[PDB]
Undergrad: 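Structure with furosemide attached for reference.
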Amino acid sequence: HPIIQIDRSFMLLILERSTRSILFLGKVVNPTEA
Amino acid sequence: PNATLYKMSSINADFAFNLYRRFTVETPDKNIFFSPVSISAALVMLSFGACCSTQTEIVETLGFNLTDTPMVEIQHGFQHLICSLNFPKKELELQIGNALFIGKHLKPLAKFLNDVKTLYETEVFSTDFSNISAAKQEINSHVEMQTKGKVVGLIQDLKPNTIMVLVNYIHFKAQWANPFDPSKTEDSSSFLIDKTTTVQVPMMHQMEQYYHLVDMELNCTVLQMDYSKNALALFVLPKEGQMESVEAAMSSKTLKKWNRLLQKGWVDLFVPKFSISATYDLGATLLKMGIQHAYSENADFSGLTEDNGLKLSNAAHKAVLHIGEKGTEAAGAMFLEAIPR
Ligand SMILES: NS(=O)(=O)c1cc(C(=O)O)c(NCc2ccco2)cc1Cl
Ligand SMILES: [Ca+2]
Ligand SMILES: [Ca+2]
Ligand SMILES: [Ca+2]
Ligand SMILES: [Ca+2]
């Protein structure tokens, strides 16, 4: 089966289907930043 | 009706990607995270009390064409949008709402107040801005409460002559349709943050059927993880060196295309467990985007108060995200500050 490894910079979207709304949008460059 | 609703969301999504692209200039090669709907919903609420070019500038900056969608349709669509998002969903927590903190001496129109309260999930609080420190704490604690403790200290600085604050908040908490087994999470795995540098993150791992695709035009992998109800997350992984090109291409049109092309099949998936936070001072950005008259001495908010006695002074957003084995919890808040006109 195909391997998908989210191990470098990625964009992220959270959407609600019934309204087709983007609730949150982002890019994760360094997931350990504080 | 749903035709109007889907138009609001498509326009809102293109605004989301355009603002995203502004952020990629403001804070380049850095984490980005915001709630587009929070920002859009706050500004639409402000526009309810605006008139003439002040009002039109706000909705045009949000992406709307008043020939295609007249002012009153925009108003109805957003009212529908907020209502639908807040409708109870089984084992999904999703709350979006507003709070208006109005100075003791302002003369708000009963119409505007009745409208926001009944049609736009708004609580109205008479606030004594003569104690600016207490007012800031009151607003920050309310936002904290409405975001289930997740958005702390939204307002860092409040102008001493503030006479109104409008806040929108969103809180989201959902379980994955397929939760990860924490016994399979690798405690320290490598994550590439630039060409020569990794950081260590817990890497969750599961083999499952997911909607996924490789976009052959944009050179990116798209992986969808469903929440158990009404909601999903999309992870977009550009091929090496292609993040900039993918960011330039994103639009509502991309999401409409992916909706068609995504296909469910087996994937050996590795996803990091992590939390991030971001804050944005949006005052100047919104001005640059076309919100001009709202800030000026000739601001027209004649629908908000009797005397048209205020103007916009500052705007800011804070958002937080946590992703782990069980699901996702995210929250956001938008702050609009007003002073005497
Ligand atoms: N509002 S939109 O035009 O950006 C949009 C539009 C649509 C649409 O299908 O028209 C849509 N479908 C659900 C989906 C897309 C990818 C994974 O789930 C989602 C969105 Cl966010
Ligand atoms: Ca790596
Ligand atoms: Ca299974
Ligand atoms: Ca584009
Ligand atoms: Ca496209």
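The chains are labelled alphabetically, A first, in the order the sequence lines are listed. We number chain A the same way the PDB entry does; the residues here are 362-395, in that order. Here the PDB entry sets the residue numbers for chain B, with the shown residues being 15-355 in order. Just follow the structure's listing: the first ligand is 1, and inside any ligand the first atom is 1. Determined by X-ray crystallography, 1.7 Å, according to the entry header. All values below were derived from every heavy atom in this structure, side-chain atoms included, with hydrogens, water molecules and symmetry-related copies excluded.
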Undergrad: I need every copy of furosemide for my figure - which ligands or chains are they?
TA: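 It's found at ligand 1.
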Undergrad: Help me out: which chain holds the greatest share of contacts with furosemide, per UniProt?
TA: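 By the greatest number of contacts, it's Thyroxine-binding globulin.
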Undergrad: Using a heavy-atom cut-off of 4.0 Å, enumerate the other chains touching furosemide.
TA: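 Heavy-atom contacts under 4.0 Å involve A, B.
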Undergrad: Atom 10 (O) of furosemide: which protein heavy atom is closest, and how many Å away?
TA: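 Protein heavy atom with the smallest distance to atom 10 (O) of furosemide: B:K270 CG, 3.5 Å.
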Undergrad: Please determine if B:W272 has a nitrogen or oxygen closer than 3.5 Å to a nitrogen or oxygen of furosemide.
TA: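 The answer is no, given that B:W272 and furosemide share no N or O pair closer than 3.5 Å.
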Undergrad: Of all the atoms in furosemide, which lie at a distance below 4.0 Å from a heavy atom belonging to B:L246?
TA: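 Within the 4.0 Å cut-off of B:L246, furosemide contributes 18 (O).
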Undergrad: Which name has the entry assigned to chain A?
TA: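 The deposit names it thyroxine-binding globulin.
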Undergrad: B:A27 heavy atoms, cut-off 4.0 Å: which furosemide atoms fall inside?
TA: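 Furosemide atoms under the 4.0 Å threshold to B:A27: 4 (O).
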Undergrad: Could you identify the single nearest non-hydrogen protein atom to atom 7 (C) of furosemide and state the distance to 0.1 Å?
TA: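 Checked against all protein heavy atoms, atom 7 (C) of furosemide sits closest to A:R381 CD, 4.0 Å.
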Undergrad: What protein heavy atom lies closest to atom 3 (O) of furosemide? Include the residue and the distance to one decimal.
TA: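 Minimum-distance protein heavy atom for atom 3 (O) of furosemide reads B:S24 OG, 2.9 Å.
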Undergrad: At a 4.0 Å threshold, what atoms of furosemide neighbour a non-hydrogen atom of B:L276?
TA: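 In order of number, 16 (C), 17 (C).
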Undergrad: Note the single closest protein heavy atom to atom 12 (N) of furosemide, along with its residue, its atom name and the distance in Å.
TA: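 I find the closest protein heavy atom is B:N273 OD1, 3.4 Å.
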Undergrad: Starting from atom 15 (C) of furosemide, locate the nearest protein heavy atom and write down its residue, its atom name and how far away it is, to 0.1 Å.
TA: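 Protein heavy atom at minimum distance: B:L269 O, 3.5 Å.
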